[PDB]
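Opening remarks: the structure here includes benzbromarone.
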Amino acid sequence: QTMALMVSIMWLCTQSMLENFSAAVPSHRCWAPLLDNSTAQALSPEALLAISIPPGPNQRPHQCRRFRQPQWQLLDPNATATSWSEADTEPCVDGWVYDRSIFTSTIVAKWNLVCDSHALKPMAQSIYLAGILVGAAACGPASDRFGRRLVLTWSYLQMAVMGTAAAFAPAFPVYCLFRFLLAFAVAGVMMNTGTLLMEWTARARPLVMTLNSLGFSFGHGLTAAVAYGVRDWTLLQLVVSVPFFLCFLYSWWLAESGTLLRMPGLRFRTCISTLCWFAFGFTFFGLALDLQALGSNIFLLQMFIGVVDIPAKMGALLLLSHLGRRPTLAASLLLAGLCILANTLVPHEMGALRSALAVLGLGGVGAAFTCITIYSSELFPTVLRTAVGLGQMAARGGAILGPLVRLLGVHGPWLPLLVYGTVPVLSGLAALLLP
Ligand SMILES: CCc1oc2ccccc2c1C(=O)c1cc(Br)c(O)c(Br)c1
C-alpha cells in the first residue's frame with residue numbers, strides 16, 4: 001500500500017531531521033564558583049557573570065573563557081573597559097553548564113560538545129552520512145540476493161534497535177556507532193522504497209515520486225511538532241523509533257496471513273547529472289542540519305519550511321509537464337542559490353527575512369531534487385538507466401561533504417552559507433546546457 005510507504009518515508013525523514021534538534025547547541029559557559037556554588041558567592045547575577053567571564057563573540061560573555069579571580073575593574077564604570085589581560089583567564093576547564101529553557105538535554109550538553117570539540121557535531125553528521133553511503137552501497141547485492149522484503153524487515157529491525165540503543169548511549173563513540181548502524185539501515189530501507197516505488201505502479205512514475213517527496217515533506221512537518229513536544233533527546237529518539245517497532249509487525253506480510261559504461265558513454269550528461277545530485281545533497285544536508293543559525297525559532301522555521309515546500313513540490317510536476325525538464329530545474333536551482341546568497345547578504349537583525357529566505361532556499365533545493373529525479377529517467381536510455389545509482393551515490397557524497405564545510409565558520413559565519421548559495425548557482429548554470 002502507498003499509505004504504508006508514505007508513513008515509512010515520513011518516519012525516515014523524522015529520523016533524519018532528529019539530528020537537527022538532538023545536536024542543537026544552546027548558550028553555554030563553564031562552571032564558575034561565583035555563579036553555581038552555594039549562597040556564599042554573594043545579588044545581581046548579571047554583574048557576577050560579567051566579572052566572572054570575559055566578553056566574547058557577538059559582544060556576549062565568552063563561552064570558552066572564565067576568570068580565575070573576580071575582575072572588579074570591569075564592573076565599575078569609572079575604569080576603562082576591556083582592561084583585563086589574557087593571562088587572567090583559564091581554558092574553560094571546570095566543565096560546562098547549559099540553559100535548560102529551550103532544550104532539557106541534548107547530545108551537546110551531555111558529552112560537552114564545546115569549542116575544543118566543536119568539530120564533533122559536524123563529524124557526527126559526517127559519520128552518519130558515511131554510514132548512509134555504506135548502507136546504500138551494501139544493500140544492493142543484499143536486496144538482490146535475499147529479496148527486497150527480507151532486507152526491508154532487517155533494516156526496520158536494525159533501525160528500531162539502533163534507535164533504542166542511541167536513546168541510552170553512555171559514550172560519544174558508542175553513540176556515533178549507533179548512528180552509523182541506524183544510517184546503514186536508513187539507507188537500506190530508502191533504497192528498498194525507491195526500487196519498490198519505481199516499478200510498483202509504472203506513466204504514474206512522476207506521480208509516485210512526487211507523492212514520495214510530499215511524504216518526506218510531511219515527515220519534516222511531523223518531526224517539527226515532535227521535537228517541539230518533547231524536550232529530551234532520549235525520549236525524542238525513543239518515540240521516533242517506536243513507530244518502526246510498530247511497523248515491524250508487517251514482517252513477512254503478517255507471516256503469509258557492472259554497468260561501468262556510464263563514464264565513457266554520454267560523459268557530459270552523466271557528469272552534469274552527478275554534479276546536480278552532488279549539489280542538491282551538499283546544500284540540503286548542510287542547510288537542513290543547522291536551522292538554529294538560519295532562523296530565530298527552529299520549530300517555526302521547520303514548520304514554515306514544510307508548509308512552503310508542500311505547494312512548491314506540488315506545482316513542480318505541473319512545471320515539469322508544461323515548461324520542460326531542464327528549464328524549470330535550472331530556474332529552481334538559480335532561485336535557491338540566489339535565496340541562500342541573499343540570506344548572507346541580509347543582515348542578521350532581519351530574522352523574519354532570513355527565515356523566509358532559508359525556507360525559499362529549502363523549497364528550491366527540494367524542487368531541484370524532484371526535477372533531477374525526473375530527469376534521471378530520461379537523460380539516459382534504457383541500456384544505461386546504473387546512472388540513477390551513480391547520481392544517488394554522488395548525492396550522498398555531497399551530503400557527506402556537507403557538514404565538513406561547516407568547519408569554515410571559524411574564518412567567518414557566512415562562508416558555509418556562502419558556499420551553500422554559490423554551489424546551486426553554478427549547478428544551474430551547468431544544467432542549462434542539457435539537451
Ligand atoms: C528519497 C530521498 C529523499 O527525498 C527527500 C525529500 C525531501 C527531503 C529529503 C529527502 C530525501 C533524503 O532524505 C535523501 C536521502 C538520501 Br540516501 C540522499 O542521498 C539524499 Br541527497 C537525500
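Here, residue 1 is the first one in the sequence, and each next residue gets the next number. Header lists the method as electron microscopy, 3.2 Å. Read the numbers this way: they start at 1 and go in the same order the structure lists the ligands and their atoms.
Counting heavy-atom pairs under 4.5 Å, the chain with the most contacts to benzbromarone (ligand 1) is listed in UniProt as Solute carrier family 22 member 12. Between benzbromarone (ligand 1) and the membrane-spanning segments of chain A, as UniProt orders them from the N terminus, heavy atoms come under 4.0 Å only for 2, 4, 5, 7, 8, 10, 11.
The residues lying within 4.0 Å of benzbromarone (ligand 1), counted on heavy atoms, are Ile132, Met190, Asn212, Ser213, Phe216, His220, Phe280, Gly281, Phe284, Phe285, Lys313, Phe369, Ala395, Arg396.
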